[PDB]
Participant: 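Take a look at this one; I'll ask things after.
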Amino acid sequence: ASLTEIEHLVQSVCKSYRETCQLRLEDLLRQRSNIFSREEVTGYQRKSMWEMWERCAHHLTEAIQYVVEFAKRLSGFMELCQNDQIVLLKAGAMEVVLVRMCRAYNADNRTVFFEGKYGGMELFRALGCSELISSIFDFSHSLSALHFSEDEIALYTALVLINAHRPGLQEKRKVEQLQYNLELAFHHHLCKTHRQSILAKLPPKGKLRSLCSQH
Ligand SMILES: C[C@H]1O[C@@H](O[C@H]2[C@@H](O)C[C@H](O[C@H]3[C@@H](O)C[C@H](O[C@H]4CC[C@@]5(C)[C@H](CC[C@@H]6[C@@H]5C[C@@H](O)[C@]5(C)[C@@H](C7=CC(=O)OC7)CC[C@]65O)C4)O[C@@H]3C)O[C@@H]2C)C[C@H](O)[C@@H]1O
């Protein structure tokens, strides 16, 4: 590929992200003022783990669907054999969900957008997995510190998915070729935007992988 083609890849990854990002960043930021009352919090805390599980599983499944749509629009992803498409989404979709969450997270008050309003980790109490929710909130907290642009998320999450080191891949060389082009697309766009500094500030490789493992 040439540099003009990599620019086309950047714009295309950024486009596919915008068309699949679930909620507009605009709306998410506007709603930061809209916070669950103490009574609303208590309403969530009173629900059984079973109701909370059902709701959360629904929102998660929905988010994963958007991730799958995003991957399907990535260049060459549809050209991969069905086995590798599945391998890559299985290992990487949840990781993408967790990176995308940071757009919906307000570090000023450690709250997250959930079912129309912002709420803290205590909203999820009935699930009885406070270590997990706190680790999910803390990861969003550290990502929010970097002020990820929409295009940085698009390109970074394309790379979370297109990773030739996933076990079980059958056409490893094809995935590699896609990965290298996306790596150069990312580096090149950071240089275009004077954002080279975020490279050293990214989650250490394995952090994201192990947070979704025990999940
Ligand atoms: C490990 C132990 O787990 C024990 O049960 C567990 C397991 O079954 C696992 C089970 O997973 C939950 C849990 O992970 C929490 C999880 O909670 C979900 C809802 C809350 C989330 C914080 C979270 C992460 C994505 C995040 C949502 C909130 C949404 O509004 C978003 C902000 C939304 C938006 C994005 C955007 O850009 O705009 C809006 C899309 C998704 C979103 O990014 C997923 O929902 C999942 C279903 O939690 C149970 C308690 C049993 C044993 O003790 C076992 O040994």
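Residue numbers start at 1 and run along the sequence shown. Worth knowing before you read on, the calculation uses all heavy atoms, side chains too, and leaves out hydrogens, waters and symmetry mates. Remember, it's 1-based here, ligands and their atoms both numbered in the order they're listed. Header lists the method as X-ray crystallography, 2.2 Å.
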Participant: Which drug does the model show at ligand 1?
Facilitator: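 That would be digoxin.
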Participant: Could you peek at this structure and say which chain has the most contacts with digoxin? A name from UniProt would do.
Facilitator: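 The largest share of contacts goes to Nuclear receptor ROR-gamma.
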Participant: Which neighbouring residues and nucleotides define the binding site of digoxin at 4.0 Å (non-hydrogen atoms)?
Facilitator: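 Residues with a heavy atom in range: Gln22, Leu23, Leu28, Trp53, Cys56, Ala57, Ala63, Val97, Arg100, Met101, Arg103, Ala104, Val112, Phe113, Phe114, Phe124, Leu127, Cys129, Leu132, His215.
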Participant: Could you tell me whether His215 and digoxin have an N or O pair separated by under 3.5 Å?
Facilitator: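 It does: an N or O of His215 is found under 3.5 Å from an N or O of digoxin.
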Participant: With only distance considered, is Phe114 within less than 3.5 Å of digoxin through an N or O on each side?
Facilitator: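 By distance alone, the answer is no.
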Participant: State whether any protein heavy atom lies less than 4.0 Å from atom 17 (O) of digoxin.
Facilitator: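 Yes, there is a protein heavy atom closer to it than 4.0 Å.
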Participant: Check whether any protein heavy atom sits under 4.0 Å from atom 39 (C) of digoxin.
Facilitator: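 Yes, there is a protein heavy atom closer to it than 4.0 Å.
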Participant: Is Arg103 in polar range of digoxin, meaning some N or O pair under 3.5 Å apart?
Facilitator: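 For digoxin, there is an N or O atom that lies under 3.5 Å from one belonging to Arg103.
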Participant: Got the closest protein heavy atom to atom 41 (C) of digoxin, with its distance?
Facilitator: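 Here the closest protein heavy atom is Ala63 CB, 4.0 Å.
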Participant: Who's the nearest protein heavy-atom neighbour of atom 8 (O) of digoxin, and how far?
Facilitator: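 Result for atom 8 (O) of digoxin: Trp53 CZ3, 4.4 Å.
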Participant: Within the protein, is there a heavy atom lying under 4.0 Å from atom 2 (C) of digoxin?
Facilitator: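 For atom 2 (C) of digoxin the answer is no, since every protein heavy atom stays at 4.0 Å or beyond.
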Participant: Look up the source organism of chain A in the entry and report it.
Facilitator: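 By the entry, that would be Homo sapiens.
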Participant: Write down the UniProt domain of chain A that holds the majority of residues in contact with digoxin.
Facilitator: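 The answer is UniProt domain NR LBD.
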Participant: Heavy-atom distance from atom 10 (C) of digoxin to the protein below 4.0 Å?
Facilitator: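 No, because not a single protein heavy atom sits under 4.0 Å from atom 10 (C) of digoxin.
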Participant: Are there protein heavy-atom neighbours of atom 45 (O) of digoxin below 4.0 Å?
Facilitator: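 So atom 45 (O) of digoxin has protein heavy-atom neighbours under 4.0 Å.
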